[PDB]
> 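First the structure, then my questions, so here it is.
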Amino acid sequence: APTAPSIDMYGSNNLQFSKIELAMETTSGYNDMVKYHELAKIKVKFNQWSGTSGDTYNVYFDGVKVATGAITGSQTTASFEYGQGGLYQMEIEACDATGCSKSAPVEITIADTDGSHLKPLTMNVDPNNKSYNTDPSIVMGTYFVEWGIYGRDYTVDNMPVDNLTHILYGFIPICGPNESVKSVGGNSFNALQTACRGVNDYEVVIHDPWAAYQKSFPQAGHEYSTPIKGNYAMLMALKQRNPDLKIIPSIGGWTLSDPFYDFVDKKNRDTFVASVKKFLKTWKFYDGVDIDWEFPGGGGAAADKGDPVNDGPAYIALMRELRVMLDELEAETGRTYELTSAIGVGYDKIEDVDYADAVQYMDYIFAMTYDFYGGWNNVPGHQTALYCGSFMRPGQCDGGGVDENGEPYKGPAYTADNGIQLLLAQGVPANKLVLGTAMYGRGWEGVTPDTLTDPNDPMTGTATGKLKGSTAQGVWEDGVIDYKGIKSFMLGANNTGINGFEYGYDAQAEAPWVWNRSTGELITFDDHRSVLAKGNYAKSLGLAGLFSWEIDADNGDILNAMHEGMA
Ligand SMILES: CC(=O)CCCCn1c(=O)c2c(ncn2C)n(C)c1=O
Ligand SMILES: CC(=O)CCCCn1c(=O)c2c(ncn2C)n(C)c1=O
């Protein structure tokens, strides 16, 4: 018989609560911006302007009483703590001696980072991505990059999630020496320096909090009071849609690997592994960790780093220590966590680590079978070929020959099969190796016909510099072009070449190219045919599956081909 309470939406923060507290309007150090709590604090204001208010209130979630307290006149605040994320129908009841009266139910959101409060994400996928019935044992992975939401305009709801088993989210940085990030730009370095304020060196952080959790995506229903936004709330909603999908944070990559070279000291590995455990406890939708150190022994972005004696053993120790930590998380949560790594596949990278030893701790190695040639120099070659191409000289495939200046090759040529064969020769099990496909080309200009030593093969020519182009054509950085740009502006609908380009295919290498003889523009890439060849090779050798880099650059053709090739 008191008056039933009426809920004051606005003084109750629109009924948006959360276990994780996230700064939304400011940017500072990671430990200042992100605070995970075991209990969310819930504060709901209600009023009883007519009749009598009663003495006590009870708050119910789905019919279960979760809080109680005293009615305070015509407006009352119920404050309490709650440990379980979800969406609940809340009623508030007011009671006295003459009876109790309940409010109408209202939905309350209690966010947690497994997405338990979120409906399955609504997808917006290009319908060129087709449907397949691939064996669910086969890895079909891709990388999604955090910055793809800026000029590339490629968001989580654009991914063809039903054709993926693993999404690798690139990239999570490690606080410490990171001068290589300046090659991306000063704002990107500054973002990392801001994130690491108040954070110990060797701990992980989020590089761009705006893209990870602050930015409102209207396609995901985000609003002002949504407690978790950004890419991460979308990946939480994607996991609600596809609960068997593995989403794994990738630490490192080309510009973010400089801290790994300090892991020869165990104290820094210990700091790092602890920080990864804290990161996975904070962002519960992640299913493991991918380590992308480029590269133990050196040969990455920082020319002055790399210890070929001590980096391999440090890498193996890091994989052992990560697996010990992840087994602790499995015991605490009842979940399974995976440990993986993307690795270089030149002979010079593979010789610097004993992968037979490291891989006993790992679920998968993502073999980076791409970037063998590129616009960093003027030497054309197939960047992601399976086998040795027609352009290679006598003795170059195996490495016992000499170059066109008479200088001895130092090891086997850069092809995907030379790298796979060296990993298998070490003792790495085939069923843990995942072979890489490129969803982009690399390219040059100035490869004119008079530079070719073999006039049917422009990979025997010589370039004058990097491919240039607009972002409209998929050229975000000189020398690199998205596959979907190559298909729209170089291949055309018949795949034979448009806009002055002709398509070619090295049937021995398994490698496509497009060449404009007028501008000497040449691009090396992966296409439907080379990807089918990679699938056949993975089937033949019993590999774990395929992965691609990076998903925003595909128009569906490459992922469709990965499925067709593994069928
Ligand atoms: C790793 C690779 O080959 C792709 C590089 C794309 C350029 N790039 C970044 O690497 C990057 C970045 N922001 C953070 N990171 C680590 N942006 C904006 C970027 O363009
Ligand atoms: C096959 C192998 O071991 C490759 C070694 C790295 C190739 N590579 C790059 O990827 C690269 C690069 N500059 C930018 N990037 C991304 N350079 C000079 C390079 O050699």
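Chain A is numbered as in the PDB entry, which gives 22-588 for the residues shown. One-based numbering, in listed order, for ligands and for the atoms of each. The figures here come from the full heavy-atom set of this structure, side chains too, leaving out hydrogens, waters and symmetry mates.
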> What is the name, according to the PDB entry, of the chain making the most contacts with ligand 1?
Chitinase A
> What drug do the PDB records list at ligand 1?
pentoxifylline
> So which protein heavy atom does atom 16 (C) of pentoxifylline (ligand 1) come closest to, and at what separation?
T276 OG1, 3.4 Å
> Which residue from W275, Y391, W168, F192 reaches closest to atom 10 (O) of pentoxifylline (ligand 1) through any of its heavy atoms?
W168
> List the source organism for chain A per the PDB.
Vibrio harveyi
> In terms of atom number and element, which parts of pentoxifylline (ligand 1) are under 4.0 angstrom from non-hydrogen atoms of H228?
14 (C)
> Counting only heavy atoms closer than 4.0 Å, does pentoxifylline (ligand 1) sit against the backbone of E498, its side chain, both, or neither?
neither
> Counting only heavy atoms closer than 4.0 Å, does pentoxifylline (ligand 1) sit against the backbone of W570, its side chain, both, or neither?
side chain
> Which chain residues come within 4.0 Å of pentoxifylline (ligand 1), judged by heavy atoms?
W168, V205, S209, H228, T276, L277, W570
